[PDB]
Visitor: 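Model contains berzosertib. Questions to follow.
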Amino acid sequence: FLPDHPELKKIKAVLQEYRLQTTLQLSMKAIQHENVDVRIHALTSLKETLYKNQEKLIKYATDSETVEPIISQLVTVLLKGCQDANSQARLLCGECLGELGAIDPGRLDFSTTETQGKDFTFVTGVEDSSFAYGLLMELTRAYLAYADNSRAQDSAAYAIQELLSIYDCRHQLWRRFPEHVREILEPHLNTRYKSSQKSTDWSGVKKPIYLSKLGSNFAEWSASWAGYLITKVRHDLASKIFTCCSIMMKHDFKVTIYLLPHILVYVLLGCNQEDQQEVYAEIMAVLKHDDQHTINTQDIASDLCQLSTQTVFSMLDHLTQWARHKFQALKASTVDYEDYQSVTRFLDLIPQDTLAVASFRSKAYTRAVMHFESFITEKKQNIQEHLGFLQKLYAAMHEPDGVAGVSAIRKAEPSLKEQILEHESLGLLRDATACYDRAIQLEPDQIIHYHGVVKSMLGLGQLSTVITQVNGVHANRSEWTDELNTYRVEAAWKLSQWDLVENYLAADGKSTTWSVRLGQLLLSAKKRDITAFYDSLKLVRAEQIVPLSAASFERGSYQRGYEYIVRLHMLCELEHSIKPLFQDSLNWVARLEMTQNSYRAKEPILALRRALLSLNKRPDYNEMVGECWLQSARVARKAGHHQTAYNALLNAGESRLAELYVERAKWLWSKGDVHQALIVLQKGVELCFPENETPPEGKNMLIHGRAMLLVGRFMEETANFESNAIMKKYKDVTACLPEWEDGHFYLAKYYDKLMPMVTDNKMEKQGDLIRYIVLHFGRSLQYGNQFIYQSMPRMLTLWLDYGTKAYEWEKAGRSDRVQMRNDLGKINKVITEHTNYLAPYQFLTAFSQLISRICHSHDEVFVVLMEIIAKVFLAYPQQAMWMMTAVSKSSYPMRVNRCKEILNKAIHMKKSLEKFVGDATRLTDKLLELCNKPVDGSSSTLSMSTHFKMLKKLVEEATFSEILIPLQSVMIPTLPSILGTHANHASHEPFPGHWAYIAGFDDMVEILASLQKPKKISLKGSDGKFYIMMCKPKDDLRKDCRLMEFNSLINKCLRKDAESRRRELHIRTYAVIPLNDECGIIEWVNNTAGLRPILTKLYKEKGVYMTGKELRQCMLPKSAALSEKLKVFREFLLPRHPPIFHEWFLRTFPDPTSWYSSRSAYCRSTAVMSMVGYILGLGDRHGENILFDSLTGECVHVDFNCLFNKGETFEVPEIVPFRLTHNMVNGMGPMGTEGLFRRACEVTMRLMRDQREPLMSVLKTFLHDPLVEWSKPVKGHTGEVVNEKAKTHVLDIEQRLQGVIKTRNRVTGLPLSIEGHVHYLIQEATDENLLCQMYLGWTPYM
Amino acid sequence: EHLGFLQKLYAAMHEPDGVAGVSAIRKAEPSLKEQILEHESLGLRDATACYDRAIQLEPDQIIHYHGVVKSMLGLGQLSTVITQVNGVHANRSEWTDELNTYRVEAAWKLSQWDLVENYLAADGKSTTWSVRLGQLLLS
Amino acid sequence: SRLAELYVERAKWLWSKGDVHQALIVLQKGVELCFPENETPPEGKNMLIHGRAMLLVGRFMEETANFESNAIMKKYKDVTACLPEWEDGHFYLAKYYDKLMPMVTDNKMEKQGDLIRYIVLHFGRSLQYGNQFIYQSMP
Ligand SMILES: CNCc1ccc(-c2cc(-c3nc(-c4ccc(S(=O)(=O)C(C)C)cc4)cnc3N)on2)cc1
Ligand SMILES: CNCc1ccc(-c2cc(-c3nc(-c4ccc(S(=O)(=O)C(C)C)cc4)cnc3N)on2)cc1
Ligand SMILES: CNCc1ccc(-c2cc(-c3nc(-c4ccc(S(=O)(=O)C(C)C)cc4)cnc3N)on2)cc1
């Protein structure tokens, strides 16, 4: 009902008698409602609400890295609604989004959009009840659909009767159909019907049905071809059904659509060679014909070409699915084999290349790519001649990486047009401009070249030149002037030359360009035209929504359509800026900040805002325009395009801004001319902040602080400057903005860098320095959590290490002990103050490390540590308990005693925690028992009740406390965003989301042969969902746990970065929880299977398979020379296993769109994981350890025990960076490594290099972790262990991040590589010499 | 106080070092004109955008269009130069006479002889090196 | 008609920018595009361009850290073979041998001997064919 008014308040008193986030959920549920008017009211109310609660909404969006979950759900819902049929609803929902803002897909989270689609219900045959049922539903919806012809509804009910003839509903058949269909079909289900139409013979008329009078119209062509076919099929039941539905077919084409596929299947089963040739003729004709290619009266044809293409495609698709299912049957008789053979033969008759060309004609890009790769492989056809078509395709799809790959592959020199394609897809547009000029010289009669020239000009921002260029072109040719008018319009309105806008607009009444529409709106604003304004507003909103409509029906849709979403954002902002003029609550700053960080996103919004400000007449507009030009800088500077803001860095101009200087400095710094930047910056500082008068006020003090900090950083970079001056500058920055975090942070970093040098690397001397360091770090934290990941861990490491060294010196008998002791006391006091000031979650973030050092030797240090950990525990008992469990049950007694001390202190602080602690202890003990429960016999499945009674009971008791199901989402804390820093540090919610407590266990427990017989359990969550948790004996997971943490941090990074996001790079992460050193519980990842098993099944299906003994024969002695091994490999192992993985892709995903999306995801995921592994030195990537999700196609890695180049230590050393066997490559597609995969690798590598500091700090903490079983277990168990290769491991990790291979022999001085790094890595992985050496277990041949 | 004058001088002397030094000395922010001068003295890409902003600031000045056309020349964008001069002419007939030299140079470089002849015919007052070269080549 | 020349000058420009790797790839592709091993390039100027390209690839390799010493050495030797009388080949080969010697010999001249003989001989021949690097070579 969703009333919103006092009358609605009467209804609400009613609802109270019956019984912002709340209202939001309500409106959400509303919009989903079926009644269109219901939804419309919902949407209107929602739009108003959003406008009214804009403040709280923005706060939700920007307070924390990730948006409030409710927001994510709401945006998913709105984008869905975009798909709705009613135009009004679509427009309303577009307004919804635009009002929300253009949230960076990163900040949003889409797990709801599983989008299975309820599709792929391939029907094996007509006989199948479900298929005949769908046919009956078709006919019923048909007869009801139209009353225009009594004969037609009569034909549908007649087919109902004939279906009763084929099979009686009276009771499975009746059971099959629903009641809204049941009651509709019942009146004629039994009555009777005369033949709806007079008999006609499609076979009598002989002609290619396409291009025939009957085939003139699409539906009529559907009617003539299907009738002919029905005549053709030699199937009595098929003939019966076909005749039954014939009459209905004449009236509605859609019934024809449903029927044709199986009609063809039956025609294939019962075949005449001449009939087969005629069928292939019809299909080829439909495919061969290009509506633009052939000339005829197009009233029928225009629609006919497209529709017929789609129909033939669908028919072939059903044929393919039928053939695959029949091959599965055959493997699982002879008549079915013959039928399947006939169908496969007909399929073969069709040309893949033809299919691809047609598809491309029909804009069915994805299917085109699929067909084209299928062609390039199925029939081997060389490297070099089809590249043009494939490149054009990728261009269409807008997949840049496709174009880049295609280029990377082409051997022959690239044609000019191809270089144009490449520069457009990805290029600085400078080469683009010059190539355009050269094209104009090469071709003087093509408009598109001038298009590109003008577009480039605009990009650089040379408006006036663009206007004049358009005018010139106009002078040369009048006709082109119409097409080119758009860019002139854009320049004008951005130029703020309204009159020119009016002229050019009046000139053309045929341009639908976004730019032209924007100019129209701005004009209607300039000259107050309320009615026209709002009309154009509706129109443009609809237009924009159009593309997003199709975009919605896809995974990751939001991202794919983000451009249009930003357009809607601009529209909303424009509306709210204009309204007051006609007769502006929105907060522009926050809005902009929510947007993704890339040109495509920010720039257009900013230009539009400059325009609006121009239309607005406010005194401060002159300066606001400077802020907008300066806001364009740091939105482009970050991207590159350094000339793309000359008309910005200059444009800013008048508005007084030391900010102008700071910006010019950052720019120079990006460009590499550091000394320049320092000069310009010192000058701007002197000028804007003369020493005589202090800047004490607001933005002035702020900018002064920022400038001083930047000066300091520059000075650090330059080698000339003295340490002391740097330290002084940083201290000054701190003094001028004590509240700022960056100040203290950089100060601490610099002191840290200096300390090793000043102290000679002697801890004793370092003490005082360490105090200063930790103090400033903690302060920085207290202000903001931007650099938390680098700050916290470093501080903790330093303090704890100093404590350890002091304990050693006290035990030693060395004089420095007393000074060290006083220093340590001071340090501990500092830590205490930090504890008091810092919020709990901030410690939570390194809680892992904290726990790691629980066994520290010095008691005072331990007291402090315990205070910290206890504060945390109280703050977040669930996560803390999970993380501490293992240590609790450690075999080492000291670990257990200390953890118990901690828990006791906590309990003392908050009693209620005691009950929960006891419950958790009991639950963990029982789970450990289970994990270690010995299986008897095969015992594939064991009932919970039969064996694990105590567990079911314990969970059953109502007294038992709720235990949060361990899940990565609930373990990895989120953090407050920089934008919002007020009271966020105090009230920040670490784990905003849905918390599922353990409500019970499904009875059945699975035991898996592989993985050393690990039990698999399924917990039952409070929400009712079931989560499957594998229980693993004999594995130390601590390593895996911390690695998962690091992966989560990497995932955050990947999400924030534009380039990674657009590709949707992400590392699949599964929660891991160690019950104790030997046993831990690991979350299951469903729909996923190992590469080895999958390919093994494929091979067996192909009949080609290698026996284990065969392999043993192929195996050779390790001492054998490399030549013999390479031989064995190439000669036998590679031959035996041909590349088939692409087939797995094909079968798993039938639909072209799903196929393409999943293939892309596969490439991206494998790339990301390979890079990450090579950085972390992941090893043992053997078939089973790597996995692929059947649902998305992504790749997931497991068995992260082998880390930090432990593989080399193996008897058979691992000599490859990551697992890239020929099969995986084949998977990626014909392009192979080159293409998507390469670009993903490169992007991931770049990102990692950028965040090198935070990752490196975290990894440091990880490597020096004492709890981790770095070595073999000794005696079964100070409860501390030290990793001997720690320093070496950190050095190697750093180098790899640096990009310094250091492998080079005979010369150890090597400049870092950049992309050549990814290239050399790929080469190494691919090389056969290496692989052949690799151990058989890795199954390199596969 | 007098830095503008010294910069102008060094510009006249064709002494780039002078202008660079001036710029380095100035405390105040550089005006757009002085910026144009410095760009021109010390070698073109940045100067094109500066010229664009200039034109936007003052439309009537012809020197700015001169600079933009020259730049487009240096980069090798002949065709663009032709179209640009043509557009300017469309807007202002007068300017066409001063700008004809660039068009002629472009053409002659394009090898488009008809355009060379026609443009050279347009006006008979240019003595620019480029214009004489075009006359010779056409002959 | 100047494919080889094209790719070579291009590699040079690219290097100028700094993307050494993108240079090496394009250059190797060109080496395959023209003078493609199917038959030995003896065609005079063609042989010259072939040698120039080979030497360029060799110096590139030297720049990149991945490539092994032996391969670089072999490439320089190939350039030497291709053009016996071209100084550049000999000079660069000598330079690379010099740089390698200290590590190979562990900085023990005794072992350094034979390498020294090779190096000196190649310097000398380089001098016979030209005088571009005399100041580096002779001393
Ligand atoms: C018109 N006369 C001047 C001229 C013009 C072009 C050339 C030329 C052509 C090639 C060439 N480039 C590639 C290549 C390039 C880029 C990428 S990329 O991934 O960065 C992404 C940007 C695509 C990947 C591969 C592959 N094969 C090739 N044959 O190299 N130089 C030489 C002279
Ligand atoms: C209207 N346009 C917007 C706008 C306005 C002003 C600024 C601005 C002003 C200054 C500034 N520069 C210098 C300086 C010194 C030496 C050279 S140099 O020739 O040696 C070099 C080519 C190597 C160049 C410049 C000296 N004092 C200064 N105050 O820096 N940025 C930036 C954008
Ligand atoms: C020395 N360290 C020992 C060690 C060993 C294993 C792990 C481990 C395992 C998983 C994990 N595996 C799967 C999984 C695995 C295989 C297949 S399979 O079809 O190929 C067929 C072979 C069953 C299907 C699914 C799903 N979800 C998961 N979380 O995670 N960690 C960790 C440490």
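Note: chain IDs run A, B, ... matching the order in which the sequence lines appear. What you see of chain A is 1254-1272, 1281-1431, 1440-1601, 1619-1869, 1879-2572, 2580-2644, where the numbers are those given in the PDB entry. Here chain B follows the PDB entry for its numbers: 1671-1713, 1715-1810, in order, are the residues you see. All chain C residue numbers match the PDB entry; in order, they span 1950-2088. Partial entry; contacts are within-part only. Quick check of the header: electron microscopy, 4.0 Å. Just so you know, ligand 1 is whichever comes first in the structure, and atom 1 is the first atom listed for that ligand. As a basis for the values below, the full set of heavy atoms in this structure was taken, side chains included, without hydrogen atoms, waters or symmetry mates.
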Visitor: Which chain is the largest contributor of contacts with berzosertib (ligand 3) here, and what is it called in UniProt?
Guide: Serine/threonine-protein kinase ATR
Visitor: Report the chain letters of other chains having a non-hydrogen atom under 4.0 Å from berzosertib (ligand 3).
Guide: A
Visitor: In chain A, which UniProt domain contains the majority of residues contacting berzosertib (ligand 3)?
Guide: PI3K/PI4K catalytic
Visitor: So, is there a covalent link between berzosertib (ligand 3) and the chain here, and where exactly, residue and atom?
Guide: none
